[PDB]
Engineer: 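The structure under discussion is supplied below as structure tokens; questions concerning it will follow.
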2 protein chains.
Amino acid sequence: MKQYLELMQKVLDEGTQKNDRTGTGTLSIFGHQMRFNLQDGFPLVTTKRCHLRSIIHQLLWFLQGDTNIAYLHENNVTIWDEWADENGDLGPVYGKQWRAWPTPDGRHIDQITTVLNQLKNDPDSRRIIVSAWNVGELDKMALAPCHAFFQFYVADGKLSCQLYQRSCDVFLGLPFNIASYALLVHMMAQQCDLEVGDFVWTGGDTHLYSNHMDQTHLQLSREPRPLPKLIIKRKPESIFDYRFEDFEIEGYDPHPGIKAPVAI
Amino acid sequence: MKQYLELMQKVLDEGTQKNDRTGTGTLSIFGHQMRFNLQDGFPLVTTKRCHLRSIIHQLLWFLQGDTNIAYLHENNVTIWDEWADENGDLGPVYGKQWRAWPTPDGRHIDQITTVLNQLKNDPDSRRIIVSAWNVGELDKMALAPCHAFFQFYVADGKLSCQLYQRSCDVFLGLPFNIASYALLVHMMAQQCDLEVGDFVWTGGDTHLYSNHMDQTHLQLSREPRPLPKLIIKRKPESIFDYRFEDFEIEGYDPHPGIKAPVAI
Ligand SMILES: C#CCN(Cc1ccc2[nH]c(N)nc(=O)c2c1)c1ccc(C(=O)N[C@@H](CCC(=O)O)C(=O)O)cc1
Ligand SMILES: C#CCN(Cc1ccc2[nH]c(N)nc(=O)c2c1)c1ccc(C(=O)N[C@@H](CCC(=O)O)C(=O)O)cc1
Ligand SMILES: *c1cc(=O)[nH]c(=O)n1[C@H]1C[C@H](O)[C@@H](COP(=O)(O)O)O1
Ligand SMILES: O=c1ccn([C@H]2C[C@H](O)[C@@H](COP(=O)(O)O)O2)c(=O)[nH]1
């Protein structure tokens, strides 16, 4: 996508070499925002083939409030296996925070039902937020949340979403996240009988790892193609009842996949 | 300031009319970002006169862990009175979350001291974050956090900060908020012997209130004057040790004040 390849080049041209936690090295910038008008097409990168199976099962996993990779496993998704403990868990990661944030006094708050009731009952609210950054449980988490925080907005019947991402690996993880949250805005918009608007991505430390340098070069030389269109094939009676079969992506003619090693 | 005045012009050129919680009516855009290089000058608006007494005092109150207005009152700062209860209390807002976020296992996390340890011992961390958005306590808060989350970053011995403001009142609140976080970056950097980098502001619902349209156009007709300079006269043993008197702003000549109503 033009904005995405412009962020790749930006990093390449201005990033500073930093030693990172892995000991691989990064080239990074701090502060970047991208806007994707969703009316114009689905933001799935077309300069490399992106595979939806993982994107979709991971979002449905999250909305279930499940932090154990068994479902993911049962659906052939491997992305979280490195971080999961001895018997499948990640501790209170994304889905537990989304569906059951623990109050200090023992109650649990369901930020996705809150956000649903806010979109139907109070759509002009300036507080339609879901936060995964639970400072009090970060220590029990296999990995601190990368896509930490997000905010919805309604104006002239359209639903927009801004995501704050504290840490971003441009080559591998950024295409994944952009699509994931663009997909949640379409699910969220359908349930609330609403139009889709903008997806705004904002990042903190945005970086390209030293061993993805050739792959970036290879991806930057390809021309972006027309964006696909997402088809949602049936309306559930809740956001919690969507299934993998419900989604279809028409128009996606990508350049071939580029493989690149993960720095863990 | 060029950046601030361009944002106001943008809200005026691209905003949608939206009704707010206080029913006064706003003009809003969703998603903006702007960067202020702190080496260029101290970002206090000059197209209208700002009073620095309250920017410093509120920030020391926050760093104290305080959420009761009495301190602010004896330094006659009345910016928080409209929201405080009978006993001066605001409930667990900024100062309490920053200095003692309550966990579900009995602990409390001092997020400012943690940030300082990270800048000293692990400055390349992508996790140097302070969040006031505590979902399990928002119902005890007198007002939900508008400046909800901020991230620090250290590159070439320069400290930068990125603030995410979920709701922004552009005429009243935003000159207060930019000056407050630029102060904290200078204080942090002084304590850690770092130079100042950039303060990067990102907003969610960024808006102008309807009863502010004339004051905004008045402001916009003015030329920015050269930015002031911040001189700190002491290096306190800790960041919790600063006094009002340790700060001096040099060469600040603003255009006349412009007065305007608060929506409560
Ligand atoms: C992001 C995320 C979830 N994850 C992992 C993952 C890792 C660290 C994290 N760290 C943090 N802070 N939060 C997370 O949500 C998180 C998630 C991913 C893992 C691998 C690939 C990946 O290598 N993609 C390959 C192909 C495989 C595929 O299609 O799945 C590629 O070529 O793109 C993508 C996403
Ligand atoms: C941000 C922030 C902190 N705050 C708290 C705070 C809380 C709720 C809010 N609600 C709304 N609608 N807008 C805000 O800017 C806002 C700000 C402020 C409170 C008042 C003023 C204000 O009226 N100041 C006068 C100056 C005179 C004085 O010192 O009293 C002004 O004309 O600007 C500014 C900031
Ligand atoms: C809140 C906090 C601050 O210091 N600065 C701000 O600009 N605000 C503003 C935003 C909005 O005008 C109002 C809060 O209303 P709501 O909670 O968003 O509904 O104060
Ligand atoms: O949604 C995601 C998930 C992970 N990552 C990457 C960012 C960093 O490369 C790493 C997170 O590690 P720390 O920043 O906590 O060190 O995973 C992303 O870019 N996006």
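Lettering: A, B, C, ... assigned in the same order as the sequence lines. In chain A, numbers come from the PDB entry; the residues present are 1-264, in order. Following the PDB entry, chain B residues are numbered 1-264, in order. How was it done? The header gives X-ray crystallography, 2.5 Å. Order of appearance sets the numbers: ligands from 1, and atoms from 1 within every ligand. Scope of the values below: all heavy atoms of this structure, side chains included, with no hydrogens, waters or symmetry mates.
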Engineer: Can you identify the drug molecule modeled at ligand 2?
Structural biologist: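 You're looking at CB3717.
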Engineer: Could you tell me the main partner of CB3717 (ligand 2) here, using whatever name the PDB entry has for it?
Structural biologist: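 Most contacts: thymidylate synthase.
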Engineer: Which other chains are heavy-atom neighbours of CB3717 (ligand 2) at a cut-off of 4.0 Å?
Structural biologist: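 By heavy atom, the other chains are B.
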Engineer: Give the UniProt active-site residue in chain B with the shortest heavy-atom distance to CB3717 (ligand 2), rounded to 1 Å.
Structural biologist: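 Going by UniProt active-site residues and heavy atoms, it's B:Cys146, 6 Å.
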Engineer: Just need the protein heavy atom nearest to atom 23 (O) of CB3717 (ligand 2), so name the residue and atom and give the distance.
Structural biologist: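 Going atom by atom, the protein heavy atom closest to atom 23 (O) of CB3717 (ligand 2) ends up being B:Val262 CG2, 3.8 Å.
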Engineer: Is atom 1 (C) of CB3717 (ligand 2) less than 4.0 angstrom from at least one protein heavy atom?
Structural biologist: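 True for atom 1 (C) of CB3717 (ligand 2).
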Engineer: Using protein heavy atoms only, decide if any is under 4.0 Å from atom 8 (C) of CB3717 (ligand 2).
Structural biologist: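 Given the 4.0 Å limit, the answer for atom 8 (C) of CB3717 (ligand 2) is yes, a protein heavy atom qualifies.
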Engineer: Decide whether an N or O pair under 3.5 Å exists between B:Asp169 and CB3717 (ligand 2).
Structural biologist: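 The answer is yes, given that B:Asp169 and CB3717 (ligand 2) share an N or O pair closer than 3.5 Å.
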Engineer: Should you measure from each heavy atom of B:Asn177, which atoms of CB3717 (ligand 2) turn up under 4.0 Å away?
Structural biologist: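 Heavy-atom distances to B:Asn177 below 4.0 Å select 1 (C).
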Engineer: Output the list of atoms in CB3717 (ligand 2) that are nearer than 4.0 Å to some heavy atom of B:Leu172, sorted by atom number.
Structural biologist: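 Answer, ordered by atom number: 15 (O), 31 (C), 32 (O), 33 (O).
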Engineer: Below 4.0 angstrom from a heavy atom of B:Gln58, which CB3717 (ligand 2) atoms are there? Numbered from 1 as shown, please.
Structural biologist: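 In order of number, 3 (C).
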Engineer: Is the closest N or O pair between B:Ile79 and CB3717 (ligand 2) shorter than 3.5 Å?
Structural biologist: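 The answer is no, given that B:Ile79 and CB3717 (ligand 2) share no N or O pair closer than 3.5 Å.
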Engineer: Is any heavy atom of the protein nearer than 4.0 Å to atom 26 (C) of CB3717 (ligand 2)?
Structural biologist: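 False for atom 26 (C) of CB3717 (ligand 2).
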Engineer: Tell me which protein heavy atom sits closest to atom 10 (N) of CB3717 (ligand 2), plus the residue, atom name and distance to 0.1 Å.
Structural biologist: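 For atom 10 (N) of CB3717 (ligand 2), the nearest protein heavy atom is B:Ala263 O, 3.4 Å.
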Engineer: Which dUMP-contacting residues per UniProt in chain B have a heavy atom closer to CB3717 (ligand 2) than 4.0 Å?
Structural biologist: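 UniProt binders with a heavy atom in range: B:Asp169, B:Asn177, B:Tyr209.
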Engineer: Contact between CB3717 (ligand 2) and B:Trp83 is defined here as a heavy atom of the residue under 4.0 Å from a ligand atom; is it met?
Structural biologist: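 Checking CB3717 (ligand 2) against B:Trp83, which is what was asked, there is a heavy-atom contact under 4.0 Å.
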Engineer: Relative to the heavy atoms of B:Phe176, which atoms of CB3717 (ligand 2) are at a distance of less than 4.0 Å?
Structural biologist: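 Once the distances to B:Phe176 are compared, the set is 1 (C), 2 (C), 3 (C), 34 (C), 35 (C).
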Engineer: Against heavy atoms of B:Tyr209, which atoms of CB3717 (ligand 2) measure under 4.0 Å?
Structural biologist: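 So the answer, numbered in order with elements, is 12 (N).
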Engineer: Find all atoms of CB3717 (ligand 2) within a distance of less than 4.0 Å from any non-hydrogen atom belonging to B:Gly173, and give their numbers and elements.
Structural biologist: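 Answer for CB3717 (ligand 2): 1 (C), 15 (O).
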Engineer: Below a 4.0 angstrom heavy-atom separation, can you tell me which part of B:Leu143, side chain or backbone, both or neither, approaches CB3717 (ligand 2)?
Structural biologist: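 Side chain only.
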Engineer: Within 4.0 Å (heavy atoms only), which residues surround CB3717 (ligand 2)?
Structural biologist: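 At that heavy-atom cut-off, the site is B:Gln58, B:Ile79, B:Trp83, B:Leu143, B:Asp169, B:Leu172, B:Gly173, B:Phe176, B:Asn177, B:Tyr209, B:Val262, B:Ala263.
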Engineer: Which N or O atoms of CB3717 (ligand 2) sit under 3.5 Å from a protein N or O, and how far apart is each pair?
Structural biologist:
residue	atom	partner	partner atom	Å
CB3717 (ligand 2)	10 (N)	B:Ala263	O	3.4
CB3717 (ligand 2)	12 (N)	B:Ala263	O	2.8
CB3717 (ligand 2)	13 (N)	B:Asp169	OD2	2.8
CB3717 (ligand 2)	15 (O)	B:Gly173	N	3.0

